[PDB]
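Depicted below, acarbose in association with Amylase.
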Amino acid sequence: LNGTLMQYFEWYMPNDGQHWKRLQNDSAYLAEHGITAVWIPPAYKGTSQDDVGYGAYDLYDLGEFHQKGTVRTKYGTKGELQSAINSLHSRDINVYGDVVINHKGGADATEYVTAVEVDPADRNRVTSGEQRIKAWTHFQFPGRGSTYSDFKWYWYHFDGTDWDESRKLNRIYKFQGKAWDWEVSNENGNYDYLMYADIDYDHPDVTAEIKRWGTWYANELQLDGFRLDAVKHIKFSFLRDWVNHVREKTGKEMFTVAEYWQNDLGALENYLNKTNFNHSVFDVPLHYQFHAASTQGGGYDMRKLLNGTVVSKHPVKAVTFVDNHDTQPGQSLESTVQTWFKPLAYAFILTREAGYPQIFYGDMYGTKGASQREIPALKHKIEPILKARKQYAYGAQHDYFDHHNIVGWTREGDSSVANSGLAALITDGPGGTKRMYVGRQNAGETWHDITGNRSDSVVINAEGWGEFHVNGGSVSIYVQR
Ligand SMILES: C[C@H]1O[C@H](O[C@H]2[C@H](O)[C@@H](O)[C@@H](O[C@H]3[C@H](O)[C@@H](O)[C@@H](O)O[C@@H]3CO)O[C@@H]2CO)[C@H](O)[C@@H](O)[C@@H]1N[C@H]1C=C(CO)[C@@H](O)[C@H](O)[C@H]1O
Ligand SMILES: C[C@H]1O[C@H](O[C@H]2[C@H](O)[C@@H](O)[C@@H](O[C@H]3[C@H](O)[C@@H](O)[C@@H](O)O[C@@H]3CO)O[C@@H]2CO)[C@H](O)[C@@H](O)[C@@H]1N[C@H]1C=C(CO)[C@@H](O)[C@H](O)[C@H]1O
Ligand SMILES: [Ca+2]
Ligand SMILES: [Ca+2]
Ligand code: NA
Ligand code: NA
């Protein structure tokens, strides 16, 4: 009954073309552990075979055409992906496709383009006269031809680029007659430009094409929803319209979550307001609180976890998470939740009633970067918490955020899920005890810590209270034996 997402990739997975097959093979395990949706990495051809998927060369090449030195994407072929999806669907696991429509990388050829430089800290400020540059803006798709779409891209479908091939130079170039799109993040004056060739969402052929591709992509992979990439950099009204368009065409709900990367609830609320609340956002501020708590050695005030997050104010529109492919060690938003704290963060997202929680592949199975700082596989510590969510985290919640270190919450259980109910404690410092109310309806039950961190049993008194224990820097989640 509780819904649980999984981001089914991390940055450093090996480029062996076996990921879709792995996902197919993991579908029974995922279903068994209560995963109800997976967010899959971008499924279309990037700038090379080892592209993680954000390069976005050809949105109509799902590992089907020999383009960029490969047929398969990093993850495998279209057919392998489709077989993975049909296995996931056979166990009622929904699939959300990653949508990378800010830009296009790896153009087939350059074009001579008139441009001006802009200031990278203030892209509204022009910093050169007009100059002739050689931009990677011509997309012909020679391996695909016109199969599925005859649409070709040229410089006038884009607002700019970050590379002039003639002078061999990295700056932000805005093309002649173009304007940065609005509304976008006001960071750096206007944050339309991010990388590669930036798509011009003022162009009516582009808006039409991307909407049409959206429907095609949904059909081709039988997607149940979307993860929207880089939404700070894409006209907000367009994103709103695109989501509405695909929903209208498919006739499906198409649950959507956007990645608006800002550690600021106000900025996220503005984005939600400008997209009419028609989709969810990742709870970026909550991720940063977990990171802060995990790095402050008990000095963090754990009461802070209740405030300043998307889940605290718009729980229906929050997708909560601990880490992702950008926050993992070595990556561009590095702010990793330290190993010791990571199960406590998972208890917070998985066993509390607010938010749509997401588990990270890198946390479950470890990350495969080349450092000695990789996330170890924490499957075995996360599994009991997943089970707590699947079987026990139902009914009315009571919060006990009344201490700098030891905080907890309870769930009374619901008569629709037999034996449901839980009492969770986490602490970023010394352990201890807390008396918490779990419901008079649970009076006399004997509860035990599903994580196995504590071996003691707790008998719920006549008044519906138990005395629950937690170890130092630990988590305990008590449920009925
Ligand atoms: C990879 C990521 O890049 C972009 O994110 C940038 C943020 O927009 C900036 O605001 C800034 O973030 C800082 C925070 O504002 C601040 O709270 C601070 O504590 O640290 C943050 C890191 O400096 O810098 C970010 C990094 O440039 C972009 O907005 C975001 O969407 C990007 N993530 C996705 C996009 C792409 C491109 O398709 C992929 O490379 C990623 O894997 C995606 O997940
Ligand atoms: C999985 C589900 O997550 C989202 O909905 C959940 C909210 O995020 C939670 O906060 C909670 O909502 C309650 C509020 O916390 C509370 O303040 C009060 O307003 O009552 C709310 C309703 O009880 O619980 C919600 C789940 O009931 C998200 O909005 C929703 O779209 C998500 N559902 C999709 C997911 C799956 C599979 O994972 C599909 O089966 C569904 O069809 C999708 O709709
Ligand atoms: Ca853009
Ligand atoms: Ca524009
Ligand atoms: Na643009
Ligand atoms: Na603390």
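To match the PDB entry, the residue numbers of chain A are left as they are there, and the shown ones run 3-483. We use all heavy atoms of the structure for the numbers below, so side chains are in, but hydrogens, waters and symmetry mates are not. Start at 1 and go down the list; that is how both ligands and their atoms are numbered.
Counting all copies, acarbose can be found at ligands 1 and 2. The set of residues with a heavy atom less than 4.0 Å from acarbose (ligand 2) is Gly5, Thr38, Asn96, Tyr98, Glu255, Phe257, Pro317, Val318, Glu355, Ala356, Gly357, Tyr358. At the top of the distance list for atom 39 (C) of acarbose (ligand 2), counting protein heavy atoms only, stands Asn96 ND2, 3.8 Å. Residue, atom and distance of the protein heavy atom nearest to atom 8 (O) of acarbose (ligand 2) are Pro317 O, 2.7 Å. Scanning the protein for heavy atoms near atom 42 (O) of acarbose (ligand 2), the closest one is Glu255 OE1, 3.7 Å. Under the 4.0 angstrom criterion, atom 14 (C) of acarbose (ligand 2) counts as having a protein heavy-atom contact. Annotation for acarbose (ligand 2): atoms under 4.0 Å from non-hydrogen atoms of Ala356 are 10 (O), 15 (O). When distances from atom 44 (O) of acarbose (ligand 2) to the protein are checked, a heavy atom turns up under 4.0 Å. Distance remark: protein heavy atom not present below 4.0 angstrom from atom 18 (C) of acarbose (ligand 2). Inside a 4.0 Å radius of atom 26 (C) of acarbose (ligand 2) there is not any protein heavy atom.
Nearest protein heavy-atom neighbour of atom 31 (O) of acarbose (ligand 2): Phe257 CD1, 3.5 Å. Looking only at heavy atoms of the protein, atom 33 (N) of acarbose (ligand 2) is closest to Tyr358 CE1, 4.6 Å.
Using a 4.0 Å threshold on non-hydrogen atoms, atom 5 (O) of acarbose (ligand 2) does not count as touching the protein.
Note that atom 37 (C) of acarbose (ligand 2) has protein non-hydrogen atoms nearby, at separations under 4.0 angstrom.
In terms of protein heavy-atom proximity, atom 21 (C) of acarbose (ligand 2) is nearest to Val318 CG2, 4.5 Å. Using 4.0 Å as the cut-off, no other ligands or ions neighbour acarbose (ligand 2). Of all atoms in acarbose (ligand 2), numbered sequentially from 1 with element shown, those under 4.0 Å from a heavy atom of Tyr98 are 35 (C). Protein heavy atom nearest atom 10 (O) of acarbose (ligand 2), with residue, atom name and distance: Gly357 N, 2.8 Å. Put simply, atom 29 (O) of acarbose (ligand 2) has protein non-hydrogen atoms near it, under 4.0 Å away.
Of the protein's heavy atoms, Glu355 O, 4.0 Å lies nearest to atom 24 (O) of acarbose (ligand 2).
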